[PDB]
Enquirer: 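Here's one more: a structure with darunavir in it.
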Protein chains: 2
Amino acid sequence: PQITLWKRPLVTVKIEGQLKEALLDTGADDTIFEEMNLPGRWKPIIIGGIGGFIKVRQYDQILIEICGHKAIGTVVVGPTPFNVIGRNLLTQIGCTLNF
Amino acid sequence: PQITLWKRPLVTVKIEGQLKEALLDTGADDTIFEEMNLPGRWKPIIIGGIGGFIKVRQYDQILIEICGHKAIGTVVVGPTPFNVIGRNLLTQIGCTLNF
Ligand SMILES: CC(C)CN(C[C@@H](O)[C@H](Cc1ccccc1)NC(=O)O[C@H]1CO[C@H]2OCC[C@H]21)S(=O)(=O)c1ccc(N)cc1
């Protein structure tokens, strides 16, 4: 689909059988979600944004189906105000900026 | 232009006669740059990110020429790690996400 930027680019996402709405974020290198359980071993890491840093649990080879397109990649879980689909998964679905 | 997301979507921008590189950020509602001087009256405001909040000076009707395309809108000045072009200005240049 083509997505204008007049409203937040939110998309419905299915992850580990759960339905969530996530932000298509070209400014995010990685994907981060609110607190939730995920398969596989995780490593505690820290990510930095505008105004500070947060501790998060890193998961690898996580399946996400975002707006009907499937992708596997690293997914980070922590206290984020919004679920963010970062470039690590945007590339997988063939997402591009165009103007 | 078409912009894939394998690398950071950095673009060269001219603002107040200054040359800067800025991040095309679909996850940012507003545009914010590192410390710099700008015309017009400003109001101190606060913005929130992934790991906290920062105090910033808000400027309205600021001209930016991003990749050769012109836009006027609110520009926020504060301690951001990267210059970010938010949706308030992305919409003006006709920026869209496509997949
Ligand atoms: C630090 C910047 C490069 C911005 N980043 C992505 C960006 O889209 C965030 C994504 C985002 C969105 C909502 C809340 C927090 C973070 N938005 C943002 O910070 O914008 C702020 C300025 O305009 C305001 O609009 C809301 C946020 C404010 S980030 O959240 O910190 C980030 C950094 C690293 C990773 N792996 C993932 C995300």
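By convention here, the chains are lettered A, B, ... following the listed order of sequence lines. Here chain A follows the PDB entry for its numbers: 1-99, in order, are the residues you see. Residues displayed in chain B correspond, in order, to the PDB entry positions 1-99. Reckoned from all heavy atoms, side chains included, excluding hydrogens, waters and symmetry mates. Whatever order the structure lists them in is the order used to number ligands and atoms, beginning at 1.
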Enquirer: Which ligands or chains belong to darunavir?
Expert: ligand 1
Enquirer: Determine the main partner chain of darunavir (ligand 1) by heavy-atom contacts under 4.5 Å and name it as in the PDB entry.
Expert: Protease NL4-3
Enquirer: Any idea which other chains have a non-hydrogen atom closer than 4.0 Å to darunavir (ligand 1)?
Expert: A, B
Enquirer: Quick one: what's the binding site of darunavir (ligand 1) if I count heavy atoms under 4.0 Å?
Expert: A:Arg8, A:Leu23, A:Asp25, A:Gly27, A:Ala28, A:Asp29, A:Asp30, A:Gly48, A:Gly49, A:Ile50, A:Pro81, A:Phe82, B:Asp25, B:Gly27, B:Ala28, B:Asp29, B:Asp30, B:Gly48, B:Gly49, B:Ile50, B:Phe82
Enquirer: With a cut-off of 4.0 Å, which atoms of darunavir (ligand 1) are near a heavy atom of A:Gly48?
Expert: 31 (O), 33 (C)
Enquirer: Which atoms of darunavir (ligand 1) are found less than 4.0 Å from any heavy atom of B:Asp25?
Expert: 4 (C), 6 (C), 7 (C), 8 (O)
Enquirer: Considering non-hydrogen atoms of the protein only, which is the closest contact for atom 19 (O) of darunavir (ligand 1), and what is the distance?
Expert: A:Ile50 CD1, 3.8 Å
Enquirer: With heavy atoms of B:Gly49 as the reference, note each atom of darunavir (ligand 1) found under 4.0 Å away.
Expert: 15 (C)
Enquirer: Under 4.0 Å from a heavy atom of A:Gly27: which atoms of darunavir (ligand 1) are those, numbered in the order shown and with their elements?
Expert: 3 (C), 5 (N), 6 (C)
Enquirer: As an exercise, identify every atom of darunavir (ligand 1) less than 4.0 angstrom from a heavy atom of A:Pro81.
Expert: 14 (C), 15 (C)
Enquirer: State whether the shortest distance between N or O atoms of A:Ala28 and N or O atoms of darunavir (ligand 1) falls below 3.5 angstrom.
Expert: no
Enquirer: Using a strict cut-off of 4.0 Å, indicate which atoms of darunavir (ligand 1) neighbour a heavy atom of A:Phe82.
Expert: 13 (C), 14 (C)
Enquirer: Check this for me - darunavir (ligand 1), B:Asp29, N or O atoms closer than 3.5 angstrom, yes or no?
Expert: yes
Enquirer: Which organism does the PDB entry give as the source of chain B?
Expert: Human immunodeficiency virus 1
Enquirer: Give me the pairs of N or O atoms, one from darunavir (ligand 1) and one from the protein, that sit under 3.5 Å apart.
Expert:
from: darunavir (ligand 1); atom 1: 8 (O); to: A:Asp25; atom 2: OD1; distance (Å): 2.5
from: darunavir (ligand 1); atom 1: 8 (O); to: A:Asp25; atom 2: OD2; distance (Å): 2.3
from: darunavir (ligand 1); atom 1: 8 (O); to: B:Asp25; atom 2: OD1; distance (Å): 2.8
from: darunavir (ligand 1); atom 1: 8 (O); to: B:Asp25; atom 2: OD2; distance (Å): 3.1
from: darunavir (ligand 1); atom 1: 17 (N); to: B:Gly27; atom 2: O; distance (Å): 3.1
from: darunavir (ligand 1); atom 1: 23 (O); to: B:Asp30; atom 2: N; distance (Å): 3.4
from: darunavir (ligand 1); atom 1: 25 (O); to: B:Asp29; atom 2: N; distance (Å): 3.3
from: darunavir (ligand 1); atom 1: 25 (O); to: B:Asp29; atom 2: OD2; distance (Å): 3.3
from: darunavir (ligand 1); atom 1: 36 (N); to: A:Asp30; atom 2: N; distance (Å): 3.0
from: darunavir (ligand 1); atom 1: 36 (N); to: A:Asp30; atom 2: OD2; distance (Å): 2.9

